[PDB]
Peer 1: 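Sending over a structure as C-alpha cells; questions will come in a sec.
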Amino acid sequence: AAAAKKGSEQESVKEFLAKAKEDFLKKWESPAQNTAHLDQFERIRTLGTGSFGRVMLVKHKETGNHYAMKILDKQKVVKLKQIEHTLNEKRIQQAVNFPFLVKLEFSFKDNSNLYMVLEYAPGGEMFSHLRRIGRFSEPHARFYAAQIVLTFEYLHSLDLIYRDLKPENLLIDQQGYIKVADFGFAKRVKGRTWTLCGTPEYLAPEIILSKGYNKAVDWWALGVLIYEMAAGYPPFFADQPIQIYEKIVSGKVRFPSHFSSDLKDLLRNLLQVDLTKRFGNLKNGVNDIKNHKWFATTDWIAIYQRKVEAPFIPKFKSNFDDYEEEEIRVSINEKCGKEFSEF
Amino acid sequence: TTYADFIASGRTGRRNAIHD
Ligand SMILES: Cc1cc(Nc2cc(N3CCN(C)CC3)nc(Sc3ccc(NC(=O)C4CC4)cc3)n2)[nH]n1
C-alpha cells in the first residue's frame with residue numbers, strides 16, 4: 001500500500017544509503033589497524049566475560065575518555081574455530097557508522113591477545129533492565145524496535161547480516177537510545193550463507209534446518225525481540241536448545257492477551273516460517289515493516305536524529321557486579337601470528 | 001501462567017550464542 005510506493009521520501013533514503021555505502025567501502029577495503037597500545041589504557045574493572053576473555057571498563061590516559069575493552073585470547077579463538085568470525089567482527093565493526101551501532105574506537109593486538117576498544121554505554125545492556133522491569137509497554141518497545149529497524153536497513157544495504165540480535169547485545173546510552181554492541185557473527189555476503197550460529201531462542205527456522213540463509217534471518221530475530229520486549233519472555237522457550245528448536249520449526253506462536261491486535265499482526269508477519277511471506281523479505285523490503293500499523297506513530301527521521309523523548313534514562317551516580325580481578329599476562333612469544341595478521 | 005513458567009525455567013539469565 002503505502003509500502004509499495006515511491007518516490008520523494010524513498011529517494012532521500014536512497015541518497016543517504018548511497019553516501020553511507022561509499023563511506024563504508026573505503027573503510028572495508030582499507031581497514032584501520034594497530035591504532036592504540038595496551039599501556040595507553042588504565043584498566044578500572046571487569047564489566048563481563050565472554051568465551052574469549054574479559055571485557056574491561058578502561059580509561060584512555062591521554063584523553064581521560066572511558067571505553068569497554070574486549071580482550072580476545074588468540075589461542076582460545078583458534079580452538080573455538082572462530083578465526084574468520086573474529087576477523088569479520090573487527091573488519092566490519094571498524095567500517096560501519098550509524099547512530100545506533102557501538103563504535104570500534106581502537107584495535108590492536110599483542111603476543112597473546114586481540115583488543116577491541118569499544119564505545120562505553122553508561123546504561124549497560126537492555127537484557128538487565130528488561131529482566132528487572134519484567135516487560136516494556138508497547139510504546140516503549142516500539143521506540144527501541146524502531147532503532148533496530150533503521151539499523152537493519154543500514155546494515156543490509158551494505159550486504160551485512162548481523163546474526164546475533166538479542167537484548168544482551170543492545171546497550172542503552174546516556175540519552176536512553178540503543179547501541180548494538182556485538183559484531184561476533186556479522187558477515188558481508190551477497191547471496192546465501194550456511195553457518196549455524198546465533199542464539200537458540202532467536203534462530204530463524206531456516207538456520208535450524210540447515211537450509212542456507214540470508215538477511216531475512218535478521219527480520220525473524222526482530223520478531224523475537226519485539227515479542228520478548230513486550231511479553232517479558234521469548235515466543236519460544238524451554239529448558240534445552242533442542243526443545244526450543246522444535247517449537248521454532250513447528251510454525252506455532254501464542255501471543256499474550258495484552259498484545260494489541262496491531263502488534264500481533266506485525267509479529268505474525270515477522271515470525272513467518274515462509275520466506276516468501278516474511279516481512280522485510282518481500283518486494284517492498286523494509287517498507288512493509290516501516291509502514292505497518294503498529295509503527296504509524298513513528299517518525300523515522302526524528303528517531304534517526306534522536307529527537308524523540310526516551311522512555312527510560314539510566315541513573316548515573318556501586319551498581320557494578322564484582323569479579324575477581326587479575327593482571328593481564330602477555331606471553332613473551334607471539335601466538336597465532338599468521339592466523340590474525342590482518343587484525 | 002506462561003510468565004511463571006519462564007521465570008521458573010533455566011534460561012532467564014544471559015544466553016550464550018552457539019557456533020557449535
Ligand atoms: C561494550 C560496552 C559495555 C558497556 N557498558 C556496560 C555497562 C554496565 N553497567 C553495569 C550495570 N550498571 C547499572 C550500568 C553500567 N555493564 C556492562 S556488562 C557488558 C559487557 C560487555 C557487553 N558486550 C560486549 O562486550 C560485546 C561487544 C562484545 C555487554 C554488557 N556494560 N558499554 N559498552
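Throughout, protein chains are lettered first and strands after them, A, B, ... in sequence-line order, and every chain is numbered starting at 1. For ligands, and for the atoms within them, numbers begin at 1 and follow the listed sequence. Heavy-atom basis, side chains included; hydrogens, waters and symmetry copies ignored.
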Peer 1: Report the drug at ligand 1; options are momelotinib, tozasertib, nanvuranlat, lexibulin.
Peer 2: tozasertib
Peer 1: Which chain contacts tozasertib the most here, in the terms used by the PDB entry?
Peer 2: cAMP-dependent protein kinase catalytic subunit alpha
Peer 1: Quick one: other chains with a heavy atom closer than 4.0 Å to tozasertib, which letters?
Peer 2: A
Peer 1: Taking distance alone, with N or O pairs closer than 3.5 Å, would you say A:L47 contacts tozasertib?
Peer 2: no
Peer 1: Closest UniProt active-site residue of chain A to tozasertib, and its minimal non-hydrogen distance to 1 Å?
Peer 2: A:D164, 8 Å
Peer 1: Counting each atom of tozasertib from 1 as listed, which ones have a heavy atom of A:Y120 under 4.0 Å away?
Peer 2: 4 (C), 5 (N), 6 (C), 7 (C), 15 (C), 32 (N), 33 (N)
Peer 1: Taking 4.0 angstrom as the limit and counting only heavy atoms of A:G124, give me the atoms of tozasertib inside it, by number and element.
Peer 2: 6 (C), 7 (C), 8 (C)
Peer 1: Using a 4.0 Å cut-off to any heavy atom of A:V55, which atoms of tozasertib qualify?
Peer 2: 21 (C), 25 (O)
Peer 1: Is there a polar contact between tozasertib and A:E119, counting only N or O atoms under 3.5 Å apart?
Peer 2: yes
Peer 1: Return the residue, atom name and 0.1 Å-rounded distance of the protein heavy atom closest to atom 1 (C) of tozasertib.
Peer 2: A:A68 CB, 3.6 Å
Peer 1: So which protein heavy atom does atom 30 (C) of tozasertib come closest to, and at what separation?
Peer 2: A:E125 OE1, 4.0 Å
Peer 1: Okay, what organism does the entry have down for chain A?
Peer 2: Homo sapiens
Peer 1: Help me out - I need the UniProt domain of chain A that holds most residues contacting tozasertib.
Peer 2: Protein kinase
Peer 1: How far is atom 5 (N) of tozasertib from its nearest protein heavy atom, and which residue and atom is that?
Peer 2: A:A121 O, 3.0 Å
Peer 1: Look only at interatomic distance and state if A:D182 has a nitrogen or oxygen under 3.5 Å from any nitrogen or oxygen of tozasertib.
Peer 2: no
Peer 1: Any non-hydrogen atom of A:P314 lying under 4.0 Å from tozasertib?
Peer 2: no
Peer 1: Show the atoms of tozasertib that are less than 4.0 angstrom away from any heavy atom in A:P122.
Peer 2: 14 (C), 15 (C)
Peer 1: Can you report which non-hydrogen protein atom sits closest to atom 29 (C) of tozasertib, along with the distance?
Peer 2: A:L171 CD2, 4.0 Å
Peer 1: Just heavy atoms, cut-off under 4.0 Å: does A:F320 contact tozasertib by side chain, backbone, both, or neither?
Peer 2: side chain
Peer 1: Heavy atoms only, cut-off 4.0 Å: how does A:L57 contact tozasertib, side chain, backbone, both, or neither?
Peer 2: neither
Peer 1: Heavy-atom contact check, 4.0 Å cutoff: does A:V102 meet tozasertib?
Peer 2: no
Peer 1: In this structure, which residues build the binding site of tozasertib when a heavy-atom cut-off of 4.0 Å is applied?
Peer 2: A:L47, A:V55, A:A68, A:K70, A:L118, A:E119, A:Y120, A:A121, A:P122, A:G124, A:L171, A:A181, A:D182, A:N319, A:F320
